[PDB]
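Featured here: a structure holding diclofenac.
Numbers here are sequence positions counted from 1. Worth knowing before you read on, the calculation uses all heavy atoms, side chains too, and leaves out hydrogens, waters and symmetry mates. Counting starts at 1 for both ligands and their atoms, in listed order. Recorded method is X-ray crystallography, 1.9 Å.
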Amino acid sequence: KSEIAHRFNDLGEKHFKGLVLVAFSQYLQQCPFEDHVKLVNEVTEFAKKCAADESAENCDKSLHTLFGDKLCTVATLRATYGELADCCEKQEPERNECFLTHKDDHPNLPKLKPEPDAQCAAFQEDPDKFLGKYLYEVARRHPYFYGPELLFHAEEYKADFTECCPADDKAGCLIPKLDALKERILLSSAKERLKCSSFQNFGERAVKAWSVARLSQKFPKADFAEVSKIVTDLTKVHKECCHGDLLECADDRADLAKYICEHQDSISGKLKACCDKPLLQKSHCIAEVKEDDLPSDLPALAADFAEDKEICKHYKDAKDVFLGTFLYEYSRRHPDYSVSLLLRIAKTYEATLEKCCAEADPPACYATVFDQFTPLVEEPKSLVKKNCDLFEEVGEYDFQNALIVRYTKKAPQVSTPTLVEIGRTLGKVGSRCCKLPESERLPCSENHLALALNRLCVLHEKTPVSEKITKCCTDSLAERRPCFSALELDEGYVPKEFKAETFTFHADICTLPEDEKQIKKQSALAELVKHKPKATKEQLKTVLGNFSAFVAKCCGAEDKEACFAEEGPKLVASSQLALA
Ligand SMILES: O=C(O)Cc1ccccc1Nc1c(Cl)cccc1Cl
Ligand SMILES: O=C(O)Cc1ccccc1Nc1c(Cl)cccc1Cl
């Protein structure tokens, strides 16, 4: 009868309101908080009426119809969102699609800087309004953020203020917590956004393949039936969440967690800790669970995948099940491979069968199929080792610098703030991944790389500037990283005209916290490359060293600006001689 009543009944009022606030903030990213609150309360009032009498008027409409109808009542819709008032002319599902298109991946809203006294005050004042605020602020900023996980993060955010606002050192307790939390949020947003990008750009089959490979590594004791089931269900959850159907998404998510925990003994022994937990923590723990130990009864794969004489008939009869089975088997025994690598191995298996089966004696041809995986494996392994050796030698900041230069050369048309952001993110990947046990570094690195590359691709959809990026971003999901790695200096690139101001620092840099100081220097680095694209990485490092020395000296001077004004312009000119 009434979907809205059904979801209201299933989720309860608290989770329902939270999810509806999230969905509205993601769809209308510029509205003030107070106004979204009103819309939520009205939707929720309706849901309560409907739960009382489902026969009642309009109780029978779709969620998207009801929710889209609300969004369309917003005051100043045409002033604030010029592009969205046309959407309101349309019916479902055409209206939702239109809303989905308008979501803004880089709204560029002010940075959320933890102010512990002003926030503790607001929290003590009204914790409900304060937590609502956190849902709204994050959601607007990350419009494909995994809705139910955001509620989870609100619990953490609430726990942080609960523990820290009474403390002796309130800023000392709190600032490191909110910083860790923000890192976790950024990572989670990027993961989810890759899933939504994958549905958008490559389709559900790609998402399923990704998930089969990843879940098989996580749950290598599970049989293919159980993996298939989980994948099918998990794919439907994320498809709903990526489509804006957050209530349906959350409900289906809760059903999957329930299933997983009832079957935990045949899925993974690491799930025991997760299943002993309240609802949102449970789902979160499942989503993040570590990989189980390999069972001792993993089957040898040659017999079915390389030696069987009827492989060409099985491949032809049920490609999807046969290849899926291959992917499940190979992935469960390879937690030391990245997901994308496993997908490349699966595509190579597929292509080898295609080739061998259109041939005189196929079996003598596909006998050696596993041997074709070797180079796919060895190349990223040596890339990771080389990158991690560099990180360990130079540290995060200089590793970031190296990546900035690398990516600026590959795509000098991209805006400096984007290049800096991706290079900085890539350096953080190094900090995360390079210190792991050595068998974990390839999957950690490549998997996280995929998140950063996807960010760049998402931004480029919004603001296209390079055909080379478009091609890497759209050709093949599993080949994206290798495609980016293979990019070299864009040789058709005309060096950006020199503007001395870009390289000209002033005493204002001296008051910045370290990370913002680095960003300024990294921005100037990216600009050096744009103006001198053939400068070598070693020249660039020297010049950047000369700039950092100059900044540090002038920042410690008696008269900071006189220092910057005297010495700056010499450095700016001589630095150009030191490049290309
Ligand atoms: O960057 C590349 O193209 C090489 C490569 C290949 C596979 C996986 C990772 C990396 N690079 C890499 C690594 Cl291994 C760690 C931190 C940051 C980066 Cl960019
Ligand atoms: O990109 C690399 O291969 C690392 C590399 C090696 C030698 C010299 C410089 C660099 N990278 C690099 C750059 Cl390009 C700028 C500033 C600081 C560093 Cl460590």
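The chain with the most heavy-atom contacts to diclofenac (ligand 2) in this structure is named in the PDB entry as Serum albumin.
Counting only heavy atoms of the protein, atom 6 (C) of diclofenac (ligand 2) lies nearest to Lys537 CE, 3.5 Å. Each of the following atoms of diclofenac (ligand 2) lies closer than 4.0 Å to a heavy atom of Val405: 14 (Cl). In the deposit, the organism given as the source of chain A is Equus caballus. Considering only non-hydrogen atoms, atom 11 (N) of diclofenac (ligand 2) lies nearest to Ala402 out of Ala402, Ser548, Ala535, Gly395. Close approach to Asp398 involves these atoms of diclofenac (ligand 2), each under 4.0 Å from a residue heavy atom: 16 (C), 17 (C), 18 (C), 19 (Cl). With a heavy-atom cut-off of 4.0 Å, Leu390 touches diclofenac (ligand 2) through its side chain alone. Nearest to atom 7 (C) of diclofenac (ligand 2) by heavy-atom distance, out of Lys386, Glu538, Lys541, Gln522, is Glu538. Under a 4.0 Å non-hydrogen cut-off, the residues that form the binding site of diclofenac (ligand 2) are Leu390, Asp398, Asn401, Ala402, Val405, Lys537, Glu538, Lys541.
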